[PDB]
Amino acid sequence: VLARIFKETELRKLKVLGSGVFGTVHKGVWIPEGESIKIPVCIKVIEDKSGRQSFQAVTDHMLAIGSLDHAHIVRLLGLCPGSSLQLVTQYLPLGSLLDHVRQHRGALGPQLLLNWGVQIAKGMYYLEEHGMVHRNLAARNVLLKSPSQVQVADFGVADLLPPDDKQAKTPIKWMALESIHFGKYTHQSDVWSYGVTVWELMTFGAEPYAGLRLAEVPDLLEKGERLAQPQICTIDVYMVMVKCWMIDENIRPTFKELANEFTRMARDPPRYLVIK
Ligand SMILES: COc1cc(Nc2c(C#N)cnc3cc(OCCCN4CCN(C)CC4)c(OC)cc23)c(Cl)cc1Cl
């Protein structure tokens, strides 16, 4: 695939859906010139409020995000350079998997939970096979394309911005220790974030390290503390998560191994998730 470079005139933002550190997200419309059609899209505006740099040039890394497509990632339809960067995707109205599980909780049933572990790993495996480091995997950035199928969103976006060493800006509770301590991001550090994400699913959207201050999270990890075993998880599921949070980057599983292992468990869900 190949992403489109939009003219500013064929994009219109219509409503803010959210706002974080990696930009503001809008419901939008794509109006391709002269075709008499208005296509619903989702628009993420990235503005560098720290250093006030522009995004007028189409970098190799923006083209890399735009040449990826897979059933379990959100395709980047295109972008629109400018003083702020606009990223354009399909609009997925069903929203985020985090909100879904928080609302329905155990009513979702064990098959769907394990199936989603498979799908997120397959999406991540695709991204790894194409050399794309996500840098911000989390249950909030897994989106429902359908009631049963999810897609990994926001891959590559953190790299669109240069680091600011000015003295909360990054998602500490989802990050591998090597990323916190050294700013190093790899497919192996995406595996750590994957383990947190599937922990979010099995707890139905509990907050990781619920009541501790962010400053204290690295020290607890080095001392060997980890997210607790979810109530529905048998020891076999939890052990897959624990291997994801090894400080040794080389002991963590691969995305191929993770998709394989959740495939095997999804073949007999109640032997692995026990939902009262
Ligand atoms: C464009 O670029 C990017 C966009 C995104 N984020 C989203 C992507 C994608 N992709 C796709 N689809 C999304 C749909 C959303 O809202 C749907 C449900 C909300 N409704 C609000 C109003 N009430 C009445 C009903 C529910 C949404 O909300 C925040 C974010 C979405 C990301 Cl994570 C990264 C990049 Cl680079």
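All chain A residue numbers match the PDB entry; in order, they span 680-846, 852-960. According to its header, this structure was worked out by X-ray crystallography, 2.5 Å. Side-chain atoms are counted along with the backbone in the values below, which use heavy atoms only and exclude waters and symmetry mates. Atoms within a ligand are numbered from 1 in the order they appear, just like the ligands themselves.
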At ligand 1 in this PDB structure, which drug or drug candidate is present? bosutinib
Count heavy-atom pairs within 4.5 Å of bosutinib (ligand 1) for each chain, then name the one with the most as UniProt does. Receptor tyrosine-protein kinase erbB-3
Can you list, by chain and number, the residues with heavy atoms within 4.0 Å of bosutinib (ligand 1)? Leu696, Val704, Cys721, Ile722, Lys723, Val753, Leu766, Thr768, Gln769, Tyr770, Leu771, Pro772, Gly774, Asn820, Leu822, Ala832, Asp833, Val836
Compute the least heavy-atom distance between bosutinib (ligand 1) and each UniProt active-site residue of chain A, then give the nearest residue and its distance to 1 Å. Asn815, 7 Å
Can you list the UniProt ATP-binding residues of chain A with a heavy atom under 4.0 Å from bosutinib (ligand 1)? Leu696, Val704, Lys723, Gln769, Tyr770, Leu771, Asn820
Within bosutinib (ligand 1), which atoms have a heavy atom of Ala832 less than 4.0 Å away? 33 (Cl)
Would you mind listing which atoms of bosutinib (ligand 1) come within a distance below 4.0 Å of any non-hydrogen atom of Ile722? 1 (C)
For bosutinib (ligand 1), which atoms sit closer than 4.0 Å to a heavy atom of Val836? 36 (Cl)
Extract the source organism field for chain A from the entry. Homo sapiens
Atoms of bosutinib (ligand 1), numbered as shown, that sit under 4.0 Å from any heavy atom of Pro772: 17 (C), 18 (C)
Under a 4.0 angstrom heavy-atom cut-off, which atoms of bosutinib (ligand 1) come close to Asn820? 33 (Cl)
Would you happen to know the UniProt domain of chain A where most contacts with bosutinib (ligand 1) sit? Protein kinase
Numbered atoms of bosutinib (ligand 1) (with element) below 4.0 Å of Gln769, judged on heavy atoms: 11 (C), 12 (N)
